[PDB]
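Sequence lines map to chains A, B, C, ... one by one, in the order shown. We're sticking with the PDB entry numbering for chain A, so the shown stretch reads 34-46, 59-301, 328-354, 369-654, in order. The residue numbers of chain B are those assigned by the PDB entry, with the residues present covering 34-46, 59-301, 328-354, 369-654 sequentially. Counting starts at 1 for both ligands and their atoms, following the listed order.
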Number of protein chains: 2
Amino acid sequence: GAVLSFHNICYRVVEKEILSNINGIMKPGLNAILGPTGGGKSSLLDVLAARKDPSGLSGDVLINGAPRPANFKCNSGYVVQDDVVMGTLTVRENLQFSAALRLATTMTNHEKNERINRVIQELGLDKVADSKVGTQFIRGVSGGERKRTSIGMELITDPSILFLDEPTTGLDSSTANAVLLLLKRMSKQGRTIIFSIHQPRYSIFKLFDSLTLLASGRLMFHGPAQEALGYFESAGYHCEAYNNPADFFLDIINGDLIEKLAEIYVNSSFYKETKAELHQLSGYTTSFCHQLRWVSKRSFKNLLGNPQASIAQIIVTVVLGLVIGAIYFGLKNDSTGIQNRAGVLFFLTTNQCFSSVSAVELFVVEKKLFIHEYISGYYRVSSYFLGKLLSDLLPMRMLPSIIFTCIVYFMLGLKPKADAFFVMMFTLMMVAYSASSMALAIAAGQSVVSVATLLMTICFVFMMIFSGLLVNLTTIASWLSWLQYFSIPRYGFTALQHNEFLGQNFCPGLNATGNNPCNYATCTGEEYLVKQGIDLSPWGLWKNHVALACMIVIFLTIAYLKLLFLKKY
Amino acid sequence: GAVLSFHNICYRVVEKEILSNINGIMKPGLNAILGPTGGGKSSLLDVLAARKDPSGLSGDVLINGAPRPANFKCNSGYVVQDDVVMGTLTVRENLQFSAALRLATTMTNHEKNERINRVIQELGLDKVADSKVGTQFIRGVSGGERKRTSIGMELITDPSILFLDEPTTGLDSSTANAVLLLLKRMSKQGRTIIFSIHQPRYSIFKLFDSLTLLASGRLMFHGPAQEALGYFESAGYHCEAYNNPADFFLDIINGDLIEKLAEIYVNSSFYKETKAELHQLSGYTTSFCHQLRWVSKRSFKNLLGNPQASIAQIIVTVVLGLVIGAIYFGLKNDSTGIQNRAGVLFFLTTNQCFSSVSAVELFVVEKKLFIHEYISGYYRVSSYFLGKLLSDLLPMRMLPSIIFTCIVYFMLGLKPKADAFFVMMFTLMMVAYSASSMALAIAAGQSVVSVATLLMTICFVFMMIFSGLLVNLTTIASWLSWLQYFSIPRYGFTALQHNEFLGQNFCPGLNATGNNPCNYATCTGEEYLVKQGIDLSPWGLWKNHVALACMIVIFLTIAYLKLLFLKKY
Ligand SMILES: CC[C@@]1(O)C(=O)OCc2c1cc1n(c2=O)Cc2cc3c(CN(C)C)c(O)ccc3nc2-1
Ligand SMILES: Nc1ncnc2c1ncn2[C@@H]1O[C@H](COP(=O)(O)OP(=O)(O)OP(=O)(O)O)[C@@H](O)[C@H]1O
Ligand SMILES: Nc1ncnc2c1ncn2[C@@H]1O[C@H](COP(=O)(O)OP(=O)(O)OP(=O)(O)O)[C@@H](O)[C@H]1O
Ligand SMILES: CC(C)CCC[C@@H](C)[C@H]1CC[C@H]2[C@@H]3CC=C4C[C@@H](O)CC[C@]4(C)[C@H]3CC[C@]12C
Ligand SMILES: CC(C)CCC[C@@H](C)[C@H]1CC[C@H]2[C@@H]3CC=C4C[C@@H](O)CC[C@]4(C)[C@H]3CC[C@]12C
């Protein structure tokens, strides 16, 4: 099988050392890593799996007599403590996704289906193959079945070496025993299993083949688990009956010293033998389009399977549209036309902007899953970005603009032409895309959602002040005027005003005989636009969409560069 | 000491029964309640402590031979699974609060200080008496010390009977052993301790005096913990060595049936004896002002000790004020005066309204603590309400109005009089109070903050539409006009407009010789007000503050009635 031999490890993580001097050999079977919570057990596991940065590593990890290959992460499985499976998807769907992106595309779909069937049969999930996994807060298969599902996702590719972080934490005692019996059955086949656990039971402990006890980043013991109790008893720490030996081992460390125990081990017979053995030993699959298609498919299934959020936004949009159509019904070309028109346009623009602060959750929620799957070799950092946008961003943001315009444009009696209807729709869509893109840029590469939401809201109100309606931008002083070019709402609102007010007359029965509206009237739409600082040329309408497009590109590029330089280790 | 004898309990919680037929006697010592998670162990604990509604209870709880007194909850302590201590306060401060509200006011402060010193010495917290407890996510004393602090808060009043829900869950093994040794020391004094635990160790289990095993709402065993293993072994379920007997007992239930075990117990020698014994046995301190003072003091200390949130809001307010003063600097009485004035007033009003959706967290965050302390007899439901308002609501909402007005009123060149400055300040303060009150009304008596925040934002935008600026309320149709009287921003904005536009002239060099501004000019402020639908009489300014005050009263009363009828059991 495989023999993962680590020798003289020292990891320095501010320069702290969480693993000091750890050497051992993990032969095939069911190997273990025990110790207190603060001990470097998960850290050692990651070090052996190469899921940790090589910066601090100061030792030689050597598998089956040769240095670790570059494709080790891809050829070896790793199971997370908290399952990352997609609740909205069916078990077989998740297994199909993993098979699609990990296994070679040369394999035909029939062969992959056979492989998935084999794995499902082995884990014993055949009954619940076609059932939704569930969020573990939402209803679905049981927690043990979710854990089995994760194990299967990693088992698709026939891994020789398999790592497991806390396989039994949060599971019930019966479920935990079931999981570990399953792992023992897997190990009898020759697959080397390496895992870390917390507070095991003697029924569990009786199944181990090797034991690695860690405390405060030091090696208290490495050897067969059966002989560990004899070793400690020989050291003088006698054990009482009806006491789980694992608890006794932890108790010795707790003191109910550490360097003394480490030296005792160094003088053991299990250390010189291990030294002799170690001295003897020492001296992308898939194309870009495939990744994009599958990640987009998974995202769309997640969107449909959990429709509570999207449906609510659609409902709110429709209700607001029907209310606004009734309130502003029958806009008139009289003294009060200007106020109502400007007000409705302002409201639509700001509603499109402030409703886009819900895009911060697009990447924040799925951060751990993204990191795990990138390290495991599922996909590139580009395909994830493009697919997630194409699935979760384009349609949701493209809908509200269409709904609003179709509902309100003819109830309100706005311009009766077709050239203007689609300009309005396009303008609103671009505003929404730009605002959502700015949200992604700020919120990308973060795990906390609160701060990003606060920042987004503050920035948007500051932008909204510098829109035309509230301040008359021609009045603002020079040393603060330039801030208006950094406003998303300004461009959209200006475009809508240019589209609507060009041609209207708001003076009933002027008769223009004296030709004098008293110069303080605002009798015509063009006069209002010029007094507001807007340009009546056609370029004045499109120099706003140009800016919105450029802002979209800039923000999306920033978000990509933030995901690409994120720390994934 | 005390002998809490329960007999023939049946609790029906939709009519489900989670406790079927449970009888037992809990003599002085260190008694226990074990079983699986789904078993009614916490439910039984609450039933014995009277923290559960008497509706479902169908049995006789009898303490020391007499029915439970009405003041039982006050004379008996109860410790929650998740500690509710205030992190922002020092240990001694929390103990002082509990002593102030639980112990009689007749006791002098010197005696109470001596009592607190005794308790601190007993628990062994003397070293960390003057250290902040911490949130357990923020730095502070260790988790074990927080648990000891809770135990002390309950131990202030010298309870004869003491209840503990999961005293050791989340604690480290060494810390758990320390806590339980402390409880054993307390029990040797004659105090009857009753507690529920999960997955104990044999070191812990060796300390028990009585055992009560529950599974699926049925009594598997009640008797001395020492004899339990012999009982089960006699039943045929032999036990292996190096296995914790608690785990063996749970394993028997897991099956690695229940009615069979219950019948076996009914035929036991520990059941007839208990029946014989049971048959033998059967056949506000403080004034309102004190409560208000102390709850307000605690709230203020919590506000100062965690200043990250308040400081940020103050900073945002100041920054916005200084930006707005620069943008709108030197308002002129010309064609563009009306727009800028109306815009700034609108912005200030809506900023005061939308910034008050952060008040939903005032009561949502401290819901569990409020319920626990009300049931324990700390305070009334009125004193908590008034004190929490007086501490957390009045100052925070009263500051921003003052800051905004003082900064901007003279930079913008608004009315140069004093009568108007304070009208503006008062108007803004009332708007903020009314909006925050409406937030409290909706969010009161809830544990989830998301839904309330969404509702608040939606209601506020709907209100903002019906303000004067965007819609010209004189245009709206009759069957929808009446919705304007339910708008908080409308009243404030109308008041500010009435205060500012009354007397201004926005037509430079009219010369009024022909006396014709063309009737479409809006040459004067009064003309703008009347065209907007506002009343120029002085009553038109104050009929808005009257409405705001009435809304404040209505919403606060609603919130109180929602807290008073909340389910606390
Ligand atoms: C339109 C008034 C105002 O622009 C202002 O000038 O003062 C401050 C402020 C405003 C609007 C909004 N907010 C504010 O703080 C928060 C907010 C949330 C909104 C939401 C909820 N977002 C947080 C996504 C909507 O769905 C639609 C419109 C929304 N409008 C606003
Ligand atoms: N990236 C890091 N930065 C700083 N300290 C770290 C980092 N990774 C580990 N450590 C430290 O190394 C020590 C070991 O932590 P460790 O990972 O082993 O926790 P664990 O409880 O044993 O893991 P698990 O519960 O998942 O099995 C800790 O003190 C931890 O703070
Ligand atoms: N107010 C309630 N409404 C509905 N069901 C309830 C209520 N209180 C308890 N139950 C039910 O009674 C059963 C027992 O739950 P229980 O309180 O004992 O959980 P527990 O794990 O044992 O408590 P703990 O962990 O804190 O020690 C559960 O099925 C629970 O859903
Ligand atoms: C760099 C980051 C922070 C994003 C900021 C980009 C902003 C400031 C840039 C991006 C593209 C720019 C626009 C590009 C084209 C023109 C047309 C010109 O006739 C007027 C200015 C205008 C309208 C620019 C204004 C500033 C602008 C909107
Ligand atoms: C239960 C909730 C919705 C409370 C909101 C109640 C509102 C609708 C009530 C409370 C007090 C009321 C005001 C009381 C006094 C007057 C003066 C009168 O000359 C005009 C109406 C006006 C201004 C009322 C309008 C409606 C009003 C503001």
Exercise. According to UniProt, what is the name of the macromolecule sharing the most 4.5 Å contacts with ligand 1?
Worked result: Broad substrate specificity ATP-binding cassette transporter ABCG2
Problem set entry | Drug listed at ligand 1 | topotecan
For this session: Give, by letter, every other chain that has a heavy atom closer than 4.0 Å to topotecan (ligand 1).
Result: A, B
Exercise. Which transmembrane segments, counted from the N terminus in UniProt, of chain B have a heavy atom under 4.0 Å from topotecan (ligand 1)?
Worked result: 2, 5
Exercise. From the PDB file, what's the organism behind chain B?
Worked result: Homo sapiens
Exercise. Across chain B, in which UniProt domain are most residues that contact topotecan (ligand 1) found?
Worked result: ABC transmembrane type-2
Exercise. What residues, by chain and number, sit within 4.0 Å of topotecan (ligand 1) when only non-hydrogen atoms are counted?
Worked result: A:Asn436, A:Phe439, A:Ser440, A:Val442, A:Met549, B:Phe432, B:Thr435, B:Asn436, B:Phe439, B:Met549
